[PDB]
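Residues: numbered from 1 along the sequence shown. Order of appearance sets the numbers: ligands from 1, and atoms from 1 within every ligand. Recorded method is X-ray crystallography, 1.2 Å. Every heavy atom of this structure was used, including side-chain atoms; hydrogens, water molecules and symmetry mates were not.
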Amino acid sequence: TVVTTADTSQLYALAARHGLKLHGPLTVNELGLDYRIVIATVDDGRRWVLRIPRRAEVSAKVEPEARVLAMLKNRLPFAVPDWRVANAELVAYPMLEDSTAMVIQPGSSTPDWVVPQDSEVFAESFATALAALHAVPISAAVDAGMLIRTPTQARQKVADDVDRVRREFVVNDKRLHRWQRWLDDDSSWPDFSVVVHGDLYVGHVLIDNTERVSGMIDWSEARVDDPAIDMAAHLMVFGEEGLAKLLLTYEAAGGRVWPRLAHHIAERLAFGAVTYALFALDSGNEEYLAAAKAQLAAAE
Ligand SMILES: CC[C@H]1OC(=O)[C@H](C)[C@@H](O[C@H]2C[C@@](C)(OC)[C@@H](O)[C@H](C)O2)[C@H](C)[C@@H](O[C@@H]2O[C@H](C)C[C@H](N(C)C)[C@H]2O)[C@](C)(O)C[C@@H](C)CN(C)[C@H](C)[C@@H](O)[C@]1(C)O
Ligand SMILES: Nc1nc2c(ncn2[C@@H]2O[C@H](CO)[C@@H](O)[C@H]2O)c(=O)[nH]1
């Protein structure tokens, strides 16, 4: 008798209700506010990811998300989760065994590793993979029931998010001015939307052992919206140097750009403070809320 974090009996029963027979080693992440994520071995000798919604309001997202992934599968030259099980109580897919492009121990505030700035294979393949994603036709997104934002709707969403933060929190005056100026700066904003991943950073990108992008995961924020949404974290991790390389190759690979794209991406990155604060507020988590309030009040 040894106490373990995972409830093997309950997990076995849950998986078996959906055609999966668990057998062998498993791993459990409950840091997620909305899902328990288990990597478990099944009787096919293979590891599967069990993505377990915690509550009814999370379960409600499974059906639309499943439609997105089904559409994306043939239209991307890289892997995405294959949700062979997709229901309100359980999503499950064969694990995409390639590593994420950032490795971190659960709970830790410091990664063990991030794919290096000087990895040209990563930089180049991320840029072409991103062009490929952003080339998925709008029609395919509509046919799959995706959330669609025109450029006007995209800008309105940012305005709404800023306004909600301004109502719920006390924000440094310079941040408020920055966001307002951005919202009013016509030349920053794109005149088109594309299919975006929506929560894209190195931790959601898979790479083969040569550091070539081979997949992307965690697609819950996917939608048709401002392309720069998917470039902010690249700027955050790889700096202006990395961003410059990305935009050159992205454009060469057929990605649509506009003159003030680099500027707009930096403003999108600054807007991450809004996204975080609203995440914190909606989470009800007090540690996240404390961090958000401290960030918002602080000068950038
Ligand atoms: C480069 C590695 C680092 O990675 C980053 O900083 C990312 C670019 C960052 O992301 C950056 C950039 C960007 C564009 O998201 C990709 C922006 O929206 C946010 C808020 O911050 C991530 C994705 C954030 O997590 C995102 O927080 C959103 C509020 C919700 C979103 N998801 C669940 C919908 C979630 O993925 C988060 C808020 O940092 C998560 C937080 C709980 C834990 N962090 C503090 C860790 C330790 C990170 O510092 C990191 C892993 O070491
Ligand atoms: N390498 C890999 N990690 C995954 C996969 N699915 C989920 N994860 C991890 O679990 C988290 C939650 O889905 C992700 O952000 C990754 O850390 C996968 O198919 N492959």
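Going by contact count, the macromolecule most engaged with ligand 1 is what the PDB entry calls Macrolide 2'-phosphotransferase. Notes: drug at ligand 1 recorded as azithromycin. Scanning all protein heavy atoms for the shortest distance to atom 49 (O) of azithromycin (ligand 1) gives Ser109 O, 4.8 Å. Atom 51 (C) of azithromycin (ligand 1) has as its closest protein heavy atom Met102 CE, 3.8 Å. At the shortest separation from atom 1 (C) of azithromycin (ligand 1) among protein heavy atoms lies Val237 CG2, 3.7 Å. What sits closest to atom 20 (C) of azithromycin (ligand 1) on the protein, heavy atoms only, is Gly272 O, 3.7 Å. Counting heavy atoms only, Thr275 comes closest to atom 18 (O) of azithromycin (ligand 1) of the residues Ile229, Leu200, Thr275.
The residue among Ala233, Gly32, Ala277 with a heavy atom at the shortest distance from atom 12 (C) of azithromycin (ligand 1) is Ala233. For atom 30 (C) of azithromycin (ligand 1), the closest non-hydrogen atom on the protein side is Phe279 CD1, 3.9 Å.
By the criterion of a heavy-atom distance under 4.0 Å, both the backbone and the side chain of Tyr276 are placed next to azithromycin (ligand 1). When hydrogens are left out, the protein atom nearest atom 42 (C) of azithromycin (ligand 1) is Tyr288 OH, 3.8 Å; that is the closest non-hydrogen contact. Only the side chain of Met236 comes within 4.0 Å of azithromycin (ligand 1), counting heavy atoms alone; its backbone N, CA, C and O stay farther away. The protein heavy-atom contact nearest to atom 36 (O) of azithromycin (ligand 1) is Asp199 OD1, 2.8 Å.
Ranking the protein heavy atoms by distance from atom 3 (C) of azithromycin (ligand 1) puts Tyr201 CE1, 4.6 Å first. Azithromycin (ligand 1) lies less than 4.0 angstrom from a heavy atom belonging to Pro111. Using 4.0 Å as the threshold, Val114 has no heavy atom nearer than that to any atom of azithromycin (ligand 1). Source organism of chain A in the entry: Escherichia coli.
Heavy atoms under 4.0 Å from azithromycin (ligand 1) belong to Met102, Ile104, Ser108, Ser109, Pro111, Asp199, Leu200, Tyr201, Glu221, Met236, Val237, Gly272, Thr275, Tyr276, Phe279, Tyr288.
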